[PDB]
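The next PDB entry has 3BNC117 among its components.
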Amino acid sequence: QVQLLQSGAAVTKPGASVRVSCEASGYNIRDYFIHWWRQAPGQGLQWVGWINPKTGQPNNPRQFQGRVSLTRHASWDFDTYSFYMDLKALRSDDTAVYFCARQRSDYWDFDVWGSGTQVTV
Amino acid sequence: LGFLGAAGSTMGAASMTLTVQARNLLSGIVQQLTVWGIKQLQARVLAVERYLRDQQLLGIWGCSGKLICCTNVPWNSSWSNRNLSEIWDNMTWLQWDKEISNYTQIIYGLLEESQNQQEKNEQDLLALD
Amino acid sequence: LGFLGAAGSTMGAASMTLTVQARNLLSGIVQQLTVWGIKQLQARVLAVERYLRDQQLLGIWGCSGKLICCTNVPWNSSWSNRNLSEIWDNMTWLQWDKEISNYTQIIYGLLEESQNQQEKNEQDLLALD
Amino acid sequence: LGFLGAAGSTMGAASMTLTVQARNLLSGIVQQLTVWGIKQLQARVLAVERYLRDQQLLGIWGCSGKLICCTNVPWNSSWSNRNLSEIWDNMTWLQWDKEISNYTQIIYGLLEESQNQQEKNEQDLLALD
Amino acid sequence: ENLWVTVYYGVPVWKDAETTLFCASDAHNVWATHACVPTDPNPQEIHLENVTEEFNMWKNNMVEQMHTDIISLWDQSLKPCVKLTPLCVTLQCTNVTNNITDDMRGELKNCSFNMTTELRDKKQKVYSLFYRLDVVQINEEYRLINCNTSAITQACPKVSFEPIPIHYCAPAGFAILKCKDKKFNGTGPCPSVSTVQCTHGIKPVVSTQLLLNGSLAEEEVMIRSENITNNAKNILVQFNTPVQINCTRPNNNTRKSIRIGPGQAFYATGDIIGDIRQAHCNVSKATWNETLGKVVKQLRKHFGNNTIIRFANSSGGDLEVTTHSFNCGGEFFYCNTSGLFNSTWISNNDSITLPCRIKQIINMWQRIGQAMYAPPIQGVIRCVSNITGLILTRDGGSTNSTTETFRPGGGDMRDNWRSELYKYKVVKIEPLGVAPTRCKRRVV
Amino acid sequence: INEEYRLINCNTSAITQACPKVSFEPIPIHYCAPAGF
Amino acid sequence: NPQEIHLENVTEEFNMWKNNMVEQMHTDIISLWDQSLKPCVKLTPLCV
Amino acid sequence: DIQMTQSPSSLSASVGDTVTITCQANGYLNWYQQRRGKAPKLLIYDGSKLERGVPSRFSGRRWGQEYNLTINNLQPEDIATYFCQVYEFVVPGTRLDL
Ligand SMILES: *[C@@H]1O[C@H](CO)[C@@H](O[C@@H]2O[C@H](CO)[C@@H](O[C@@H]3O[C@H](CO[C@H]4O[C@H](CO[C@H]5O[C@H](CO)[C@@H](O)[C@H](O)[C@@H]5O)[C@@H](O)[C@H](O[C@H]5O[C@H](CO)[C@@H](O)[C@H](O)[C@@H]5O)[C@@H]4O)[C@@H](O)[C@H](O[C@H]4O[C@H](CO)[C@@H](O)[C@H](O)[C@@H]4O[C@H]4O[C@H](CO)[C@@H](O)[C@H](O)[C@@H]4O)[C@@H]3O)[C@H](O)[C@H]2NC(C)=O)[C@H](O)[C@H]1NC(C)=O
Ligand SMILES: *[C@@H]1O[C@H](CO)[C@@H](O[C@@H]2O[C@H](CO)[C@@H](O[C@@H]3O[C@H](CO[C@H]4O[C@H](CO)[C@@H](O)[C@H](O[C@H]5O[C@H](CO)[C@@H](O)[C@H](O)[C@@H]5O)[C@@H]4O)[C@@H](O)[C@H](O[C@H]4O[C@H](CO)[C@@H](O)[C@H](O)[C@@H]4O[C@H]4O[C@H](CO)[C@@H](O)[C@H](O)[C@@H]4O)[C@@H]3O)[C@H](O)[C@H]2NC(C)=O)[C@H](O)[C@H]1NC(C)=O
Ligand SMILES: *[C@@H]1O[C@H](CO)[C@@H](O[C@@H]2O[C@H](CO)[C@@H](O[C@@H]3O[C@H](CO[C@H]4O[C@H](CO)[C@@H](O)[C@H](O[C@H]5O[C@H](CO)[C@@H](O)[C@H](O)[C@@H]5O)[C@@H]4O)[C@@H](O)[C@H](O[C@H]4O[C@H](CO)[C@@H](O)[C@H](O)[C@@H]4O)[C@@H]3O)[C@H](O)[C@H]2NC(C)=O)[C@H](O)[C@H]1NC(C)=O
Ligand SMILES: *[C@@H]1O[C@H](CO)[C@@H](O[C@@H]2O[C@H](CO)[C@@H](O[C@@H]3O[C@H](CO)[C@@H](O)[C@H](O)[C@@H]3O)[C@H](O)[C@H]2NC(C)=O)[C@H](O)[C@H]1NC(C)=O
Ligand SMILES: *[C@@H]1O[C@H](CO)[C@@H](O[C@@H]2O[C@H](CO)[C@@H](O[C@@H]3O[C@H](CO)[C@@H](O)[C@H](O)[C@@H]3O)[C@H](O)[C@H]2NC(C)=O)[C@H](O)[C@H]1NC(C)=O
Ligand SMILES: *[C@@H]1O[C@H](CO)[C@@H](O[C@@H]2O[C@H](CO)[C@@H](O[C@@H]3O[C@H](CO)[C@@H](O)[C@H](O)[C@@H]3O)[C@H](O)[C@H]2NC(C)=O)[C@H](O)[C@H]1NC(C)=O
Ligand SMILES: *[C@@H]1O[C@H](CO)[C@@H](O[C@@H]2O[C@H](CO)[C@@H](O)[C@H](O)[C@H]2NC(C)=O)[C@H](O)[C@H]1NC(C)=O
Ligand SMILES: *[C@@H]1O[C@H](CO)[C@@H](O[C@@H]2O[C@H](CO)[C@@H](O)[C@H](O)[C@H]2NC(C)=O)[C@H](O)[C@H]1NC(C)=O
Ligand SMILES: *[C@@H]1O[C@H](CO)[C@@H](O[C@@H]2O[C@H](CO)[C@@H](O)[C@H](O)[C@H]2NC(C)=O)[C@H](O)[C@H]1NC(C)=O
Ligand SMILES: *[C@@H]1O[C@H](CO)[C@@H](O[C@@H]2O[C@H](CO)[C@@H](O)[C@H](O)[C@H]2NC(C)=O)[C@H](O)[C@H]1NC(C)=O
Ligand SMILES: *[C@@H]1O[C@H](CO)[C@@H](O[C@@H]2O[C@H](CO)[C@@H](O)[C@H](O)[C@H]2NC(C)=O)[C@H](O)[C@H]1NC(C)=O
Ligand SMILES: *[C@@H]1O[C@H](CO)[C@@H](O[C@@H]2O[C@H](CO)[C@@H](O)[C@H](O)[C@H]2NC(C)=O)[C@H](O)[C@H]1NC(C)=O
Ligand SMILES: *[C@@H]1O[C@H](CO)[C@@H](O)[C@H](O)[C@H]1NC(C)=O
Ligand SMILES: *[C@@H]1O[C@H](CO)[C@@H](O)[C@H](O)[C@H]1NC(C)=O
Ligand SMILES: *[C@@H]1O[C@H](CO)[C@@H](O)[C@H](O)[C@H]1NC(C)=O
Ligand SMILES: *[C@@H]1O[C@H](CO)[C@@H](O)[C@H](O)[C@H]1NC(C)=O
Ligand SMILES: *[C@@H]1O[C@H](CO)[C@@H](O)[C@H](O)[C@H]1NC(C)=O
Ligand SMILES: *[C@@H]1O[C@H](CO)[C@@H](O)[C@H](O)[C@H]1NC(C)=O
Ligand SMILES: *[C@@H]1O[C@H](CO)[C@@H](O)[C@H](O)[C@H]1NC(C)=O
């Protein structure tokens, strides 16, 4: 089952640093970019970033520079992989549904999505 | 000139280099770890096999030992519609190849039987004279 | 028909498929671990070698490039005693092969010299004319 | 006699065994661990490759299928200065080979084009008649 | 009267095709092992008058073959080598305090352990200097960083890892087309085509951020991003000039030897002679500025020419791409190149010394099934190289065609192979063909 | 082991042995030219 | 079938210590020797 | 510089209506479906291919930057928000209603 594990919802007071996560399941993670997306409730999706799981390499919008980080991890037997997203601080406009996705192809096809989680402030 | 120099000229002019072109079919492996050496070996085999397949066909066609031959097989004009001089005098053979490319297996079957098996039958009749 | 269809008919009828039969001498290895791949490699070599041995003989015999040829070598009638039509019109070539099978090396030596070396000597004399 | 028996006689006499000599070009590997077996494999490949290179040249030269041929190419007499009978009747072909050895690539280029490409051009003109 | 199609042979035909490349070289080094067949000093290029040919970068599988050919070599060189698994014994340590330059503090640890003598029944105390990068605390004492990962091995230090050019030759009946056009886009047709049966050597040398010792662009700095709108793609950058770089390992390295079993020497780091100093690299500052100006001009070809261009500190991720790394001098190095990117570009003393790091446990490529120890090399390391290009990436989500920014990135070795291999494609010669004639076959 | 004993090669590459069943007695070996030689 | 063929009227140079058959034999046997031992069990427990 | 537009707003169409939505964009275009409380799912990609397991009702076409998506015989289960996307950029959602 290719579907990603999705971490549970959480809420913190403003200025908090937070973490969310996902986990690889049915496929070889090395061959696909992982992406993060967020959306305000009542609003269209906003891209957050991507990470090259082989190298741990993040890519983020100028908007989020210095505020977010992406990490990746793997089982010592390498049969699972995990991803995390960190935010250094929170503001009320950081509330969003947050989720992981898999880049199926170079058209940025997203045939796998985490259920997402709700982050609130 | 040199190998593939004919790519710069029309099909009729390409005939001038055909013996040159044949030179490199088996060439460059003449003088000599699992890594590499097994690869070399595979390359040697490949070169040989391809060479033989062509020779086999020529022997079937009766065109063996020649770079130019004269088959007795007429071709269905629908495959191309250009005056013969308009073909031979204005294109790289490769360009022409692209045009002919969807009829090539028709032709090969024809060469095998429409003239060569048939010729051989007639040759046998002559052999009985 | 298809490959080996001639096994269902007499030797004269078998002539009709000879070009078909030649098609599979090098065929089926055209498109492509020590296990298997080394075996494949051995198979590739084997196919090539056998093919070449036959071609070598035909070149000696002067029958190269032909599936039918006309040697000038008479054969000693003791090897078989059947009317010629009684042979060609009633047996699978293989059946006939079994009958001829103990004379085959006699014949091959004859082909090499009794006609071909001798012919070449005469060819040289003609070359000197 | 047997293989290489001609080494004991003059070049003209050597012609008598040429079909014998050709017998061993592919022979002795007809019937059959990394050690040895890989070596065997290399030997099999080598024998094949050399055989093909010669056949390729003969096909270029139009001398294919023959142990004796009649090229139309004159040679520059400076390469040797002996009466023709004085050559053919008194030396091992190998001895003669040593004398010719520095002109051999001249000759090969000549055979390819001075007569064979040119002949083929003329053959084509005849093909158009 | 009606035309007959007839046989011709040796007519040139090209088919795109793939065959295994044949290795060859000029004239033990891992990269050639001296097993590649030596080759003729006769690069007889044949200009192909009146032709053009499509070449598609990132589509050629020569790149892939190279990528796995070198891997196979690497493993081959190490299969003879002795395992280091006796070294998973825990170590006592201290920070080295002997003649430490202030910015080197805590870089090295002196440690010791109870590991075995070559006798089955005996053990000995052993100690060596170690980089902090190669160890982790055993708990919040240390252990090698890879003892919870596939085992570390190393022997056979005698083999050289210095790059040697490697040539590849087409199999008989095949040929390598090449494009000489100085303006060539990574994909599509080229008018400059000429061919060779083989190619000039290409070094096996690798880098994680900047191309090293690559051929220079023929005319101008050039960029090959594939479809640039997709910013997940790595951006190739090729300099049309060299940028000299000098580097050192200033510490006077010394070596120790250990027996860990019969026949099993084990290298260890001796105490450094003299004051401890950080490894470093020098580049021209002025030249770096100038070449960046050349680069931004190239970047602007895809943007309005008043657009903002920016460079940046690395975004992190694994160290192997977070920093620049190289094996020059036979030993691995890493450096903080982010200072090189501390600039922005707008419309309209003489050198820099980068800080560096050394790690002796090498996890090659992306693989996690293997690791190896790098032996100490006595004395000061010196390195000189030409920087020939950049591997860059671009941040997603930009708007209004402005403030595009870039960072060092990639690190898949495949792109290094591409930096040279984009010049070529393999084709198959199909000498057989037919054409209509006025001739009909002669009577028997 | 010091001026007890140890095998003479323990300070040299390791000693191995198994498969005593194989014979080391000499057998003649022939070499044959490749075809065309 | 050791079918020797006497070569009438010929001579040939032979140089001992120049033939590389010797070298091939020398390394062929080595490869065999190692091949026979690669299956074999290590005795390293005996350094006690 | 990638840019995109869409015309769907929201739609009142009745069940069983074949319906269409359109967008235009620079570059390759993918379309997605989403429902409240749920992750988006791919429908069609690169302007022409349905994702595997997408219902037969879905279809679409491309003409350069033009893109069209339709649902034959719309079903009540198909009421959802919808998207057009190019790389990191996506149009705000639009939706079916009745
Ligand atoms: C990099 O990434 C990008 C981002 O995704 C990739 O996108 C691709 O970009 C390239 C070039 O920028 C495009 O190529 C060109 O695309 C257009 C659009 O093609 C479509 O429209 C066809 C109808 O077009 C006419 O009508 C429309 C308006 O309705 C006008 O916009 C047009 O201008 C035309 O007037 C339609 O028929 C096509 O679909 C059909 O064909 C495809 C097969 O190709 C089939 O699958 C379909 O089912 C269907 O049958 C299609 O929807 C074309 O107009 C272009 O044609 C011109 O250019 C060609 C070479 O560039 C040339 O061979 C053509 O004959 C034609 O040239 C004429 O016009 C030029 C000016 O427009 C003149 O300069 C020229 O001399 C001549 O007069 C061309 O095909 C890709 O389409 C686009 N991708 C997609 C999905 O659309 C890009 O591929 C990536 N690149 C690389 C290298 O990685
Ligand atoms: C971009 O490409 C450029 C060009 O390829 C690269 O630049 C070269 O890179 C290599 C690798 O970093 C450098 O090689 C190293 O150079 C050392 C110095 O060599 C010269 O000086 C010594 C004395 O110091 C002389 O003996 C040498 O003479 C030899 O070379 C000249 C030709 O230049 C010939 O004429 C001579 O006849 C000699 O053949 C040089 O003049 C050199 O010491 C070093 O070699 C040692 O290390 C290697 C393993 O890496 C051993 O194989 C070798 O045997 C040497 O080791 C001995 O010495 C050490 C102690 O010093 C002992 O511990 C050992 O046990 C052993 O006894 C090596 O060749 C090269 O100098 C450099 N070129 C320049 C211009 O700087 C860049 O690397 C490249 N960048 C990228 C990223 O790849
Ligand atoms: C790319 O460039 C960026 C920025 O130029 C680099 O990011 C910085 O890296 C350094 C080192 O990796 C970071 O410093 C480390 O921080 C930790 C903890 O710091 C916290 O506590 C401090 C007081 O102890 C406080 O001053 C810091 O506040 C800063 O950071 C917050 C963001 O988290 C920001 O809001 C603030 O305004 C300040 O900017 C902070 O709260 C500290 O433990 C480290 O010290 C140890 O290690 C050092 C050696 O590295 C050693 O000298 C010490 O004695 C001690 O052992 C160290 O200072 C810095 O915080 C990073 N900046 C940010 C914004 O996160 C980045 O490293 C570059 N890339 C790469 C690949 O290096
Ligand atoms: C480039 O391709 C073109 C065709 O694809 C070639 O064009 C040919 O050019 C030659 C010399 O420039 C022309 O030759 C001359 O023609 C006259 C006319 O009879 C003749 O009398 C002269 O003696 C001379 O040969 C030729 O007409 C022309 N066109 C053809 C052959 O169709 C050109 O040669 C190619 N260039 C190269 C370098 O291959
Ligand atoms: C099975 O084997 C036998 C011989 O081994 C084959 O027998 C042949 O059968 C055909 C048709 O049944 C006969 O052909 C006919 O002969 C007359 C006589 O002249 C001819 O005029 C007809 O036009 C027709 O060809 C043939 O006489 C007969 N015997 C032979 C050839 O010796 C039979 O064909 C084989 N079956 C198969 C399926 O191969
Ligand atoms: C050894 O080498 C020499 C030449 O290198 C060979 O000399 C030839 O020997 C034969 C018989 O001993 C001579 O043959 C006879 O010649 C007369 C003269 O016409 C002829 O009528 C006879 O019927 C007979 O054939 C021959 O003249 C002589 N010289 C040559 C051929 O130049 C000798 O044969 C070689 N020995 C061996 C065993 O190969
Ligand atoms: C090898 O084990 C080490 C721990 O011994 C693992 O290191 C972890 O690394 C991450 C990132 O720095 C930290 O969050 C953990 O706290 C570290 N663990 C400890 C024990 O320090 C590393 O992940 C392990 N590798 C394998 C494949 O499982
Ligand atoms: C190496 O091993 C020796 C014992 O084989 C260790 O010495 C022992 O240390 C522990 C606790 O540190 C004591 O309980 C024992 O009494 C010690 N043994 C003796 C004989 O006194 C030594 O500490 C080990 N070294 C390291 C660096 O771990
Ligand atoms: C790297 O360092 C070397 C020497 O430390 C520099 O080489 C100098 O090159 C110039 C130009 O030909 C010579 O005039 C000097 O004599 C050389 N120096 C020495 C000590 O020989 C080189 O320029 C440096 N490169 C960079 C980019 O800084
Ligand atoms: C890199 O270049 C710098 C200077 O360009 C060298 O640093 C100098 O070091 C010496 C002694 O260490 C000092 O006396 C100078 O004052 C330093 N220069 C500056 C500008 O601070 C450094 O040695 C060079 N390193 C290498 C490996 O070439
Ligand atoms: C690193 O330091 C060592 C010793 O501290 C240097 O070794 C010296 O080498 C010279 C010439 O080879 C000898 O005359 C000295 O006697 C050696 N020193 C000692 C203490 O034995 C070595 O040269 C230094 N490295 C470099 C690159 O100079
Ligand atoms: C860095 O690259 C340049 C250019 O490839 C090298 O300079 C070349 O040196 C060779 C041999 O000395 C000359 O034949 C070339 O003409 C030079 N290039 C130019 C453009 O003139 C330089 O040698 C390289 N650096 C090192 C350390 O080898
Ligand atoms: C030509 O060939 C086509 C199909 O290959 C066939 O339908 C047609 O009858 C043929 N006509 C002639 C005149 O050859
Ligand atoms: C060959 O056939 C293909 C598909 O049937 C067609 O697209 C192509 O244009 C044809 N080309 C030639 C030269 O016949
Ligand atoms: C036929 O051959 C045999 C032996 O093969 C021989 O004894 C006999 O004399 C020969 N007779 C004829 C007429 O060929
Ligand atoms: C061939 O010879 C063997 C034994 O000499 C004999 O048994 C067999 O019947 C013979 N067959 C033919 C067809 O000559
Ligand atoms: C013979 O050849 C030489 C060089 O091979 C040449 O110089 C000379 O002119 C030629 N003469 C004749 C008559 O062939
Ligand atoms: C061939 O040339 C070499 C050197 O040019 C010379 O020593 C030798 O005698 C020549 N031999 C013949 C037979 O031409
Ligand atoms: C060693 O250095 C680390 C930090 O570099 C420090 O936390 C530790 O206390 C030091 N230990 C000693 C014994 O100096």
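Chain letters run A, B, ... following the sequence lines, proteins first and then strands; every chain starts at 1. Values below: every heavy atom of this structure, side chains too, minus hydrogens, waters and symmetry copies. Only a selected region of the deposited structure appears here, and contacts were counted within that region alone.
3BNC117, all copies counted: located at chains A and H.
In this structure the chain with most contacts to 3BNC117 is the one the PDB entry names gp120. With heavy atoms closer than 4.5 Å, the chains neighbouring 3BNC117 read E. Of the chains of 3BNC117, most heavy-atom pairs under 4.5 Å with chain E belong to chain A.
The name for chain H in the entry is antibody 3BNC117, light chain.
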